[PDB]
**Q** 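Looking at a complex of dabrafenib and Isoform 1C of Nuclear receptor subfamily 1 group I member 2 here.
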Amino acid sequence: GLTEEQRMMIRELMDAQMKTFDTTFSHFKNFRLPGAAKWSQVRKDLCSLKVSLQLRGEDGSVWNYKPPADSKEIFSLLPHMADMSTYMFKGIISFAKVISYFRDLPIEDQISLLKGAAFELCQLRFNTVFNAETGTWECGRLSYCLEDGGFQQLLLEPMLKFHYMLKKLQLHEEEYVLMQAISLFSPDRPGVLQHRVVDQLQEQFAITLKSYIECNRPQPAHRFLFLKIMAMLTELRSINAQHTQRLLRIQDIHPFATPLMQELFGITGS
Ligand SMILES: CC(C)(C)c1nc(-c2cccc(NS(=O)(=O)c3c(F)cccc3F)c2F)c(-c2ccnc(N)n2)s1
């Protein structure tokens, strides 16, 4: 069983998630849509995603967008993705701010922790709207569908393999929100000062997750689930570092980051 404190911890996380995760994306509006050796790398960077976009109007109409092939056209999706990322990042910041364990840290460590983890928490939330059968992220009236190598070739992209592998674990809402907490409270992000406090908090969240899995998932399929989840969080941190470098290269060639994104990625405006 869980202790009273562990149940309180989960309930506080679940409450924060429900208050700040707009799962239907109803308040995502007014977003933009698609109308030397540095460049080869930036081309390789931009070619790894490849999603088409679908927008279902409230009246029943459907707009569909199919991206081009790399023949400047590789940048046509960046303003839209910047708007989606900014919307998600806002939700993530709200999440952190309604959690008492986070509100209790000094403001400087709050900022450091958010800068370190915003990408990761975004990816964790996107996994809950990922449909692994159709290869699509279902964000309310918006859908992002992976373009057609096959599934095996898709799994070569680490973010995509991450989404398929994590979806396969069939986690509960409580396990997702504890993964978000373990990621947010990482004592080893640059600029963290209360390293010991954050480390103890993280360990508590991880113990709560371990005990929750033990008390509620006895089936042979969920043997080692806790260790699988922690390995996924390690892999997600790696993905975060490579995507940060990728974003900074693209931003160096073709600026696109919003002010919130610039703040989170350490871009100063100078
Ligand atoms: C909706 C769906 C299909 C799940 C996506 N989410 C992101 C995504 C996920 C998390 C954060 C950001 N924004 S971001 O700021 O983290 C960032 C970029 F917007 C662009 C490049 C790297 C990067 F880290 C994203 F764009 C996608 C995405 C698109 C292009 N590049 C990258 N790295 N991610 S695709």
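Numbers in chain A come straight from the PDB entry, and the residues shown are 142-176, 196-231, 234-310, 313-434, in order. In each ligand, atom 1 is the first atom listed, and ligand 1 is the first ligand listed.
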**Q** So what's the organism behind chain A, according to the entry?
**A**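 The PDB lists Homo sapiens.
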**Q** Numbering the atoms of dabrafenib from 1, which are under 4.0 Å from a heavy atom of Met425?
**A**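 Per the distance check, 15 (O), 19 (F).
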**Q** What part of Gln285 sits under 4.0 Å from dabrafenib if we count only heavy atoms: the side chain, the backbone, both or neither?
**A**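 Just the side chain.
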**Q** Kindly identify the option in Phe429, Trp299, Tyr306, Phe288 whose heavy atom sits closest to atom 6 (N) of dabrafenib.
**A**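 Of the listed residues, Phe288 has the closest heavy atom.
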**Q** Using distance alone, determine whether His407 and dabrafenib share an N or O pair under 3.5 Å.
**A**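 Yes, there is a polar N/O contact under 3.5 Å.
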**Q** What atoms of dabrafenib come within less than 4.0 Å of a heavy atom belonging to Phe251?
**A**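 Listed by number with element, the hits are 15 (O), 16 (O).
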**Q** Would you know which UniProt domain in chain A holds the bulk of residues touching dabrafenib?
**A**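 Most sit in the UniProt domain NR LBD.
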**Q** Decide whether the shortest distance between a heavy atom of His327 and an atom of dabrafenib is less than 4.0 Å.
**A**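 False for this residue.
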**Q** How does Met246 reach dabrafenib, by side chain, by backbone, by both or by neither, if only non-hydrogen atoms under 4.0 Å count?
**A**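 Contact part for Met246 vs dabrafenib: neither.
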**Q** Which atoms from dabrafenib have a heavy atom of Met243 less than 4.0 Å away?
**A**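 Going through dabrafenib atom by atom, the ones under 4.0 Å from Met243 are 1 (C), 5 (C), 6 (N), 7 (C), 26 (F), 27 (C), 29 (C), 35 (S).
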**Q** Give the atom numbers and elements of dabrafenib that come within less than 4.0 Å of a heavy atom of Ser247.
**A**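 Selected atoms, number and element: 11 (C), 12 (C), 13 (N), 14 (S), 19 (F), 25 (C), 26 (F).
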**Q** I'm curious how dabrafenib sits relative to the natural ligand site. Which residues UniProt lists as binding hyperforin in chain A have a heavy atom closer than 4.0 Å to it?
**A**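 The UniProt hyperforin-binding residues passing the heavy-atom test: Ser247, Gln285, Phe288, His407.
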**Q** List the residues forming the binding site of dabrafenib, heavy atoms under 4.0 Å.
**A**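 The heavy-atom contacts are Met243, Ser247, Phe251, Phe281, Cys284, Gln285, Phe288, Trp299, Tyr306, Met323, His407, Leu411, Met425, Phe429.
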